[PDB]
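This report refers to the structure that appears directly beneath it.
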Amino acid sequence: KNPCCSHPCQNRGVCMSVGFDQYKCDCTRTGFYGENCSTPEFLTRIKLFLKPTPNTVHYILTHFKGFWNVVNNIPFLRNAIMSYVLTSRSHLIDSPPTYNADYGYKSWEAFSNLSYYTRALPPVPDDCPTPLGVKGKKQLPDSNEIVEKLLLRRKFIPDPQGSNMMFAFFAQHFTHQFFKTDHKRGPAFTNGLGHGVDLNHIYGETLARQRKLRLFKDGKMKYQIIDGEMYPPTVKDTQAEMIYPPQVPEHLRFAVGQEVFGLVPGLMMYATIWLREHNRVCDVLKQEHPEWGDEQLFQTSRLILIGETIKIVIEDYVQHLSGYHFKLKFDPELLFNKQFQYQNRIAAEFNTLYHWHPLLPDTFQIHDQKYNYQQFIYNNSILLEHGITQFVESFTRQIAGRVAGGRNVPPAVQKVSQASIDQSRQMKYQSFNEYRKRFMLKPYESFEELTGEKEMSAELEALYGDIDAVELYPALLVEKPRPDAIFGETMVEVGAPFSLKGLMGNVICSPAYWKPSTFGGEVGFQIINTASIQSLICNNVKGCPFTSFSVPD
Amino acid sequence: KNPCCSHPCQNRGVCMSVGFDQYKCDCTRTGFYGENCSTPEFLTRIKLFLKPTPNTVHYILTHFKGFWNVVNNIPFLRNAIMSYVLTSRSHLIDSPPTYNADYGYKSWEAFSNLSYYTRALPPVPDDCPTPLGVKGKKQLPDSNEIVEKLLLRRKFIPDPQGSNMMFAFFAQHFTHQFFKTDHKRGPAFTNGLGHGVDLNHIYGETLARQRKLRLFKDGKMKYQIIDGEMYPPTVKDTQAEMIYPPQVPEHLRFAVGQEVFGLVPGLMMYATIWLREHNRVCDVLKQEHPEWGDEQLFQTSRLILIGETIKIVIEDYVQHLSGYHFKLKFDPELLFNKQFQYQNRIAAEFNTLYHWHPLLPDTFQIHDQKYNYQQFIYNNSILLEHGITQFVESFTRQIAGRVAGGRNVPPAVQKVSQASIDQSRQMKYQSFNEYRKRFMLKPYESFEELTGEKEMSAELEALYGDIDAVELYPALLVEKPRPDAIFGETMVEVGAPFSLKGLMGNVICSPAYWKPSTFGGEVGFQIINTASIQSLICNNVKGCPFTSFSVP
Ligand SMILES: *[C@@H]1O[C@H](CO)[C@@H](O[C@@H]2O[C@H](CO)[C@@H](O[C@H]3O[C@H](CO)[C@@H](O[C@H]4O[C@H](CO)[C@@H](O)[C@H](O)[C@@H]4O)[C@H](O)[C@@H]3O)[C@H](O)[C@H]2NC(C)=O)[C@H](O)[C@H]1NC(C)=O
Ligand code: COH
Ligand code: COH
Ligand SMILES: *[C@@H]1O[C@H](CO)[C@@H](O[C@@H]2O[C@H](CO)[C@@H](O[C@H]3O[C@H](CO)[C@@H](O)[C@H](O)[C@@H]3O)[C@H](O)[C@H]2NC(C)=O)[C@H](O)[C@H]1NC(C)=O
Ligand SMILES: CCCCCCCCO[C@@H]1O[C@H](CO)[C@@H](O)[C@H](O)[C@H]1O
Ligand SMILES: *[C@@H]1O[C@H](CO)[C@@H](O)[C@H](O)[C@H]1NC(C)=O
Ligand SMILES: *[C@@H]1O[C@H](CO)[C@@H](O)[C@H](O)[C@H]1NC(C)=O
Ligand SMILES: *[C@@H]1O[C@H](CO)[C@@H](O)[C@H](O)[C@H]1NC(C)=O
Ligand SMILES: O=C(O)c1ccccc1O
Ligand SMILES: O=C(O)c1ccccc1O
């Protein structure tokens, strides 16, 4: 019935019903006119003709290494390039945010209610001819059949880019401070009201929890000392609730900022390292400020660690997955002369696309031991047996799975993968092709074009019938990867805007915050601008083991 | 003992303690350098030497009537001028926000906790030589003594700008959506978590309260018809709680968004009027969109009303207030090629400077009747007796009191005035002069310079001893008014940045929102862009009485 069900408005124009039988497109500031915002005004024809395709730009960034080695070493060029990267990427994000699961039109409820994920595309209206709008069959395919035929791993497919378990667990640990789906009320809702990198997965989401985890001496967080090494405190000692199955003995019930980080020893590894880092920075600041009290020591350490996080994400983590010969830079000053909003709201689609379960290995190799999922899960004694050093050394050397390219989701997390499909349907996601359009990509014209292959594409056809009916999550995981890359085109072109906006949008990157006095002075400031994944481990892990997000060659 | 107690860092530098006896100034992006951020850069001392005083800028805007009168009618020039007015003001506001009453250094707790008012200036550190830091006497003067000698009305002083009761109640009604002090917690905390113009004083602060006030038909808000006229619903009906004394009977306990608007019939008047406007807009939107449901009709009406509010506040309210010949313009597009943050956090100091009690008259005159405070307070019964039309006609013609110049606070609200001073001290406000500097104003060199007068300046020296020890709130009320103006310069040069930032920083003013589809098409969009205080009354008040913010 609803005339906007066909999504007729192109190029980010806004659809609106005008009576029962008609719609109107609001083309305001799209760069297009016409009844569907599909006629480029003169200046847009210029930009469009000159705009190089993402696969073209990816090629340039991933070749000509000698050229990039020069660019990387003349700050003016490196600054200029990193700047354009930042501004052109984040330009694709609505800020202040707009839609959520319950509102396909602008509303104060959608704007102001922080309990919702925001939405990059509005939900499909409730009464449309087909679940995605007007394209596809009256009912979407069985999600289980989708997972089995297209997603489930037959043979482990290693990541060609060489991503390891340090990468995989960093990704899980980092993103779960802002992907905290509140399933008690629905997939549309989040428990992370900071909607960004606030490090609540270390410090706790609420003040009450933070007070349970803090030592209230020297700004430090509570800990226990096992084998001369520092670990998180217990649930018993903190009264900070955690999710642990009954059979987990209480001395192994570690208490950390995020309730679920006891699920995997890989997560508890990072929680332990970051906890050490907090108390390390406390020691540094106390030496620099012996007049300071516990509260200021705590708050300043937190701000610094937020800065470390952001620095490491851009210059080690995003750097790794990009494959760029160009050296990414964390530098808030790049935006001080640019139009940029220092705020962000976590999008549900960003959550969906970050469901990188194919990364997970068939078993976890630590030292000379292999653990299946039954053995690894909720087993902190594994962490204690080997220690963090061995954990880093092993995880640095174990390869992760390729995310794109299909058929690499471990059967152990089958239902998780199916849930991603089901929940996206509950939240009335639009199609994969609509999301490509939303981020200035050409929609795929056929199933074979999407996969670059004849087998899986054929399965997609028999299930979906129309290429415009393929859903966001499955299509991201079966898309043709870029040459020897972990991801396909759409993952990166949709992902990076969400990510870079979230990172640079952080309040500490704003002019009023980005100054030495915010971080306790010059020494504190320096801790941020010299941070790396290697330094994070070297400072907090015994023996200073080598580490990296890729397996050594 | 705190080295930063003297507020050594000038020009918005950041003080930090380095050891028990030493400090360091962070002069980053101040445009200054040196130990105390006192020495200007070349670029800045040039910009400094050629930037005119606000008193000069004020004169220019308040004279040359003939010149401005043609400027107002050339859209290009009006836009350019309005564009600068916006950008210069707002740049004085830290955004994203920084300090609050509990944090004199930047912290995640200060940034993220919305239950606090933010602070334009950090609190005086606890362990300090004097309550204000370093200057002044060991103990501040008795707050009641300040009120009595300097603030209490001895004889009504009318506003020379002619502000009326329509103005005074608009001011109170509009600001009390974002000045909602959580007194149970402390003066440092707010119940207005939206921190701006969200019209929670109409729709309620929470979804739960909103659903008690809504009708869930045609997007409308609940109401009752009394003597053929639309009035807010009751507490009995909505179950939305209100603050009323037991003396008020059930049928007179009107329920509106803001819990305290039962206190004053002038507030309930505006509540009623804005209620009617909402339902009026629903009717318009329904004619345009027969296909729309109740929920979309409600939300779109709300967005439109937010727009009407910002429009009316800038082009009528701040316009009257300013006394400018230039016609201020509400136009979000003026900022689309400027750097500007569409976010805001309500400053405690913004709350304090808005304590404009001297506006209040000796009595309230509705038609042939006069009511003292005791009779007027919580009296919905006399709202029904006269009706909104009569309320508007009367309020338009009754003059308000002058806010600056001292000694014009109604004795009836004496202890409110004292509470304003006490709460300032509880929140550890810095001195008036520090706040002058904070907003790029020359500090006052003497008491006499502050009042331009001999008698009150003498009392201030007896009480405070040092000009650098005078507190923000009393100084604002005794400051030498601008000529024939309601305010002195400090009220304006501090208040306008808070105010314009919070107006233009509203989400509907952002590029993603400022478009006709947001408001249901051009018909809805046009409701915003042609709204005024006179049209708001003509549309929703029987008889379409003339109305203004100044007396006829
Ligand atoms: C952000 O959006 C969320 C999703 O809409 C909001 O969560 C929802 O909040 C509502 C309202 O608090 C809650 O509904 C409530 O329904 C009952 C009435 O509708 C209420 O019980 C009432 O019983 C009597 C009337 O029925 C009345 O006399 C009594 O005083 C109660 O008022 C019941 O307790 C229930 O809580 C939804 O359950 C909730 N939904 C979800 C999925 O969480 C959230 O509030 C929004 N946040 C903000 C700040 O507005
Ligand atoms: C790199 C990303 C990554 C990794 C490595 C990872 C590794 C692992 C892992 C390793 C041993 C296990 C047992 C799980 C198991 C789960 N994951 Co992930 N997950 C990841 C990204 C996500 C995200 C993102 C969500 C949903 C976020 C939310 O809303 O809470 C998720 C959801 C889940 C859920 C809840 C289902 C749902 O929210 O729909 C389970 C259970 N999973 N995952
Ligand atoms: C802006 C103009 C204005 C007007 C016209 C006005 C008119 C009136 C009025 C009759 C019309 C009465 C009976 C009062 C009485 C009060 N006002 Co005002 N007030 C005004 C501005 C304010 C502000 C601002 C606050 C503090 C708001 C907050 O924190 O909630 C305030 C606070 C109060 C308080 C709270 C006391 C405290 O602890 O601070 C009382 C009582 N008053 N006021
Ligand atoms: C914003 O900051 C507020 C001020 O710190 C904070 O309010 C404080 O909240 C804590 C909750 O942990 C309360 O702590 C006490 O609460 C009860 C009752 O006493 C006890 O069971 C606790 O153990 C503890 O003693 C404080 O009373 C409360 N303080 C005030 C002045 O309200 C808010 O919680 C902060 N907001 C957010 C979102 O974190
Ligand atoms: C309502 C009157 C105030 C009562 C409190 C008395 C405090 C001292 O009030 C005195 O009042 C005089 C009136 O013109 C002033 O000239 C004096 O300067 C003032 O100190
Ligand atoms: C957890 O790991 C320990 C070894 O560290 C092992 O002995 C134990 O059986 C494991 N728990 C399981 C497999 O449930
Ligand atoms: C800086 O301020 C301090 C405040 O005590 C003052 O004593 C000192 O002379 C000033 N120094 C300079 C270089 O301005
Ligand atoms: C309101 O009306 C008159 C004022 O003259 C007074 O007699 C009456 O008691 C007042 N009622 C309330 C509830 O204040
Ligand atoms: O930064 C990216 O390129 C990116 C892409 C996809 C998902 C998460 C990401 O950080
Ligand atoms: O708009 C102003 O100039 C102003 C000044 C002081 C207080 C509130 C205000 O809106």
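In what follows, every chain begins at residue 1, and chains take the letters A, B, ... in the order their sequences are listed. Whatever order the structure lists ligands and atoms in, that order sets their numbers, starting from 1. Hydrogens, waters and symmetry mates play no part in the numbers below; they use all other heavy atoms, side chains included. Per the header: X-ray crystallography, 2.4 Å.
- In this complex, the main macromolecule engaging ligand 10, as named in UniProt, is Prostaglandin G/H synthase 2.
- Modeled at ligand 10 is a drug that PDB records call salicylic acid.
- The letters of other chains with a heavy atom under 4.0 Å from salicylic acid (ligand 10) are B.
- Looking at B:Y354 against salicylic acid (ligand 10), only its side chain comes within 4.0 Å, counting heavy atoms.
- The single protein non-hydrogen atom nearest to atom 6 (C) of salicylic acid (ligand 10) is B:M491 O, 3.5 Å, given as residue, atom name and distance.
- Residue contacts with salicylic acid (ligand 10) include B:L353, since one of its heavy atoms falls under 4.0 Å from the ligand.
- Polar contact with salicylic acid (ligand 10): present for B:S499 (N/O pair, distance under 3.5 Å).
- Applying the 4.0 Å criterion to heavy atoms of B:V318 picks out, from salicylic acid (ligand 10), the atoms 1 (O).
- Contact annotation: B:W356 has at least one heavy atom less than 4.0 Å from an atom of salicylic acid (ligand 10).
- Of the protein's heavy atoms, B:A496 CB, 3.5 Å lies nearest to atom 3 (O) of salicylic acid (ligand 10).
- Heavy atoms only, to 1 Å: the UniProt active-site residue in chain B nearest to salicylic acid (ligand 10) comes out as B:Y354, 3 Å.
- This entry records no covalent bond between salicylic acid (ligand 10) and any chain.
- Under a 4.0 Å non-hydrogen cut-off, the residues that form the binding site of salicylic acid (ligand 10) are B:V318, B:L353, B:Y354, B:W356, B:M491, B:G495, B:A496, B:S499.
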N/O pairs closer than 3.5 Å, salicylic acid (ligand 10) and protein:
{"from": "salicylic acid (ligand 10)", "atom 1": "10 (O)", "to": "B:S499", "atom 2": "OG", "distance (Å)": "2.9"}

